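In this PDB entry you will find Bestatin.
The sequence lines are taken in order and lettered A, B, and onward as chains. The PDB entry numbering applies to chain A: residues 5-416, in that order. Chain B is numbered as in the PDB entry, which gives 5-416 for the residues shown. Just so you know, ligand 1 is whichever comes first in the structure, and atom 1 is the first atom listed for that ligand. Note that these values count all heavy atoms, side chains included, but never hydrogens, waters or copies made by symmetry. Per the header: X-ray crystallography, 1.4 Å.
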Protein chains: 2
Amino acid sequence: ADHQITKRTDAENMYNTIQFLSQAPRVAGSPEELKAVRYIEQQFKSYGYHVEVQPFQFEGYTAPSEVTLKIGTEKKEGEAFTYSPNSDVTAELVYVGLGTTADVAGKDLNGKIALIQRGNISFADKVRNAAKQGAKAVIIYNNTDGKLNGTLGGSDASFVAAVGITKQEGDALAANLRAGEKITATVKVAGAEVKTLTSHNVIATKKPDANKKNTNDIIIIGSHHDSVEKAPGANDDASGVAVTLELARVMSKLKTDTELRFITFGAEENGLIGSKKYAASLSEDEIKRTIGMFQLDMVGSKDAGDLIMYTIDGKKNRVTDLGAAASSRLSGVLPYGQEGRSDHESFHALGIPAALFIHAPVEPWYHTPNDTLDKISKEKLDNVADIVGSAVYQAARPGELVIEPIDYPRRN
Amino acid sequence: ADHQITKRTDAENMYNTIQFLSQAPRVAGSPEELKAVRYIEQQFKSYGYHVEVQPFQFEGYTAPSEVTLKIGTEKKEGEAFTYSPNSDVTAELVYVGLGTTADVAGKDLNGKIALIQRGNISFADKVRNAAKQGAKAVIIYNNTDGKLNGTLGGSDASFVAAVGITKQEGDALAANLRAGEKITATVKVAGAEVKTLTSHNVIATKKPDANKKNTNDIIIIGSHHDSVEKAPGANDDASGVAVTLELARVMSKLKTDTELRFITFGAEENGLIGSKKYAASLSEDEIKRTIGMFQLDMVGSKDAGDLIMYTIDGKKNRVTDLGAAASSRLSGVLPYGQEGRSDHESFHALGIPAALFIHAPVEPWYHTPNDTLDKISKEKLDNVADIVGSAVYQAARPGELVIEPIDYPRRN
Ligand SMILES: CC(C)C[C@H](NC(=O)[C@@H](O)[C@H](N)Cc1ccccc1)C(=O)O
Ligand SMILES: CC(C)C[C@H](NC(=O)[C@@H](O)[C@H](N)Cc1ccccc1)C(=O)O
Ligand SMILES: [Zn+2]
Ligand SMILES: [Zn+2]
Ligand SMILES: [Zn+2]
Ligand SMILES: [Zn+2]
Ligand SMILES: [Zn+2]
Ligand SMILES: [Zn+2]
Ligand SMILES: [Zn+2]
Ligand SMILES: [Zn+2]
Ligand SMILES: [Zn+2]
Ligand SMILES: [Zn+2]
Ligand SMILES: [Zn+2]
Ligand SMILES: [Zn+2]
């Protein structure tokens, strides 16, 4: 049965899809994401699918044109968090630890700027905890090497301006504050705006066509079609879109007893928005009948590592059983592990068995301008398509699903 | 053609549905709403429909067990706004007008309680505007006669405790503050909680069955199946559920060229939550093909007035044209007007022509324990079902839709 998939997975199709998509970054809600949506829809229609396009609005952020941070009179290197409010505040700097509700209750922040150490709780909550105490701005300092870029997750008027700074620069400020120094800081953020944008999911469904053998089961194969600002997104996640399209073309050649939904999600990089909107469209019957959701994200880089399957809870489920079974016949041992950070989290949240397929450890080009077509491996793309497609077809081929026992290891 | 609908609308069916549903209030997310969902689903299945149940979560509120308001030492009559945070604050009372961002920028609120006059902006925004300035609680006073009950709309940690008081009691406090008095108040709200609840929409679809005459058009007929706390909800909105079910039974007897979706929405009284969740499930193709959405809310009270159609923008649209055309053949002149406040607002927001059918002015029993079966008129229910069903069938019967010109008046 695996031969029905492996003789048909065309790695030139997949590379051509990445080449098309990665001519420019596809930031969610932008004209280039809309172009991708149209392209994706056309490809599915070309394989014979009826396609639906689900729109959704979300709050986008335009990054501030000025980010001025000063300690006294010395200017410092500052990165505005995404969704940071504007500010122009000069005031006393107060160290409040990790910024928990505990950490901030005891201190006087009204009118002041909070210095807060990265860790434990969300950037969002650190900002809100300080702002609830009257902080006019928040400086968050790193837990680890290099710059602190990040996000408050979404628009929120409980926030006050929030800027991230190096562990080196913050550790030193925190030391001086602990030592009894009174420090004054300036936090000026200007030109940031929140604006409503519209993104989309592209959904192509193959109804079962096996007559008396047809089951009520559904399998979702997903990827996301947006990329981060300035990243061409060839691997993150044109690769997964390309495997999603290619497997829909392959399955169009075959009888199936299981409904397959091939989906590309919008606004993944914004916090899984499009898969949360698609999961919220499902009825209770659809949720109970969905036997697995396969998420393909970063599945073509020559510079990443071996394939792994990640689940939200680090437990095995039907999708990791099918991925391990297909790999054992095609490639070898396929490990699993625990990780979120992609659209499988939206389906796990409904109780649906779900896993992310990704090459790990990831390449250095992730979320950079160097995430480009010249890092793509056709052989990797083909191997992921053979494994994921054979895992899906193990259930979707006509006849009762059987999974034979197979050990496979958890890897961290 | 109208005779295919008017000979079949069974007012005993509709009254029996209200009698079943209104044995107790159906608060969204509660066991009684779940019972209604099951009942509704069963009835549609009994007419031959395939039914889907769309779940959705939302944040529910448990009302505080203590609401203590004092001006100095005198205790006052206070109503917590829905979604009010808890508090226990004794502090200076400061009049801040209507509570706009203007009204509050100039004053010193930090640690204090804001007195704010109802009007112009949402209760929610008045609370957030004051809280952004450091207010520890907000007292909002009425614009008009009687008690001030209301809602901050949804859960929100930007809020601080908010309680509503009479125009009489507030006008007097505002007068004294304007006159230079320094006033101290206490606002104590205790035992309020926000908890995640799950509600549902029930969706029954009749696919077109007219062969070569089939169109691509869709019509939605909606109502909501929840009611407010302590109200049995016979008219608000078991009445509309009963017309929705009855028209689905009627249309099951007839050939149609237009897809009909009969929907009962959950969590309407919480801010249209279920229809917003259902509208968000539609694809762009479904939205473009939906030629009208008919919302039935409060359509059976002996103690309300004549039928009217309300649109969000107070403009005529295809649904008010079809309602006016059917009425002109069945009953007489059917006026339209401008009003929101029901699930048609969720479809208008997508560009879909939508109108609410309701008897106006509404009865005195609205949102009370007296919204009960003994106020229901079978004749009214039958007339709404004849008019709405004939309006829908004017498009859904086989053959090209034709609407003949008809004047009908705007009424305020
Ligand atoms: C919640 C998401 C928006 C989180 C965001 N996700 C992404 O960037 C996804 O495109 C990444 N493909 C997720 C990822 C990266 C590296 C290893 C495993 C998983 C991330 O920061 O990783
Ligand atoms: C946004 C909604 C939750 C608003 C809420 N809506 C409701 O109570 C609906 O059940 C009412 N049926 C709406 C209504 C009442 C009177 C006249 C016209 C329309 C309301 O307060 O009217
Ligand atoms: Zn291969
Ligand atoms: Zn191949
Ligand atoms: Zn669009
Ligand atoms: Zn990705
Ligand atoms: Zn990414
Ligand atoms: Zn090789
Ligand atoms: Zn009649
Ligand atoms: Zn009748
Ligand atoms: Zn449920
Ligand atoms: Zn209602
Ligand atoms: Zn109501
Ligand atoms: Zn009569």
| task | Map Bestatin onto the structure by ligand number or chain letter. | result | ligands 1 and 2
| message | Help me out: which chain holds the greatest share of contacts with Bestatin (ligand 1), per the PDB entry? | response | Aminopeptidase
| query | Other chains near Bestatin (ligand 1) with a heavy-atom separation under 4.0 Å: which ones? | reply | A
| query | In the protein, what heavy atom is nearest to atom 12 (N) of Bestatin (ligand 1), and what distance, to one decimal place, separates them? | reply | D301(A) OD2, 3.0 Å
| Can you find a non-hydrogen atom of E349(A) under 4.0 Å from Bestatin (ligand 1)? | no
| Any idea which atoms of Bestatin (ligand 1) are less than 4.0 Å away from a heavy-atom of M302(A)? | 12 (N)
| So which heavy atom in the protein is nearest atom 7 (C) of Bestatin (ligand 1), and how far is it from that ligand atom? | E273(A) OE1, 3.3 Å
| To the nearest 0.1 Å, how far is atom 9 (C) of Bestatin (ligand 1) from its closest protein heavy atom, and which atom is that? | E272(A) OE2, 3.1 Å
| field | Test item, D241(A) contacting Bestatin (ligand 1) (heavy atom, 4.0 angstrom) | value | no
| Interfacing atoms of Bestatin (ligand 1) (cut-off 4.0 Å, heavy-atom, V366(A)) | 16 (C), 17 (C)
| said: Need the Bestatin (ligand 1) atom indices (1-based, order shown) with element for anything under 4.0 Å from a heavy-atom of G275(A). | reply: 3 (C)
| Which of the atoms of Bestatin (ligand 1) are close to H228(A), meaning less than 4.0 Å from one of its heavy atoms? | 10 (O)
| field | Heavy-atom proximity to atom 8 (O) of Bestatin (ligand 1), best of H371(A), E343(A), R345(A) | value | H371(A)
| said: Quick test: of every protein heavy atom, which one is nearest to atom 19 (C) of Bestatin (ligand 1), and how far off is it to 0.1 Å? | reply: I362(A) CD1, 3.8 Å
| query | Would you say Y370(A) has any N or O atom under 3.5 Å from an N or O of Bestatin (ligand 1), going by distance alone? | reply | yes
| query | What organism is listed under source for chain A in the PDB header? | reply | Aneurinibacillus sp. AM-1
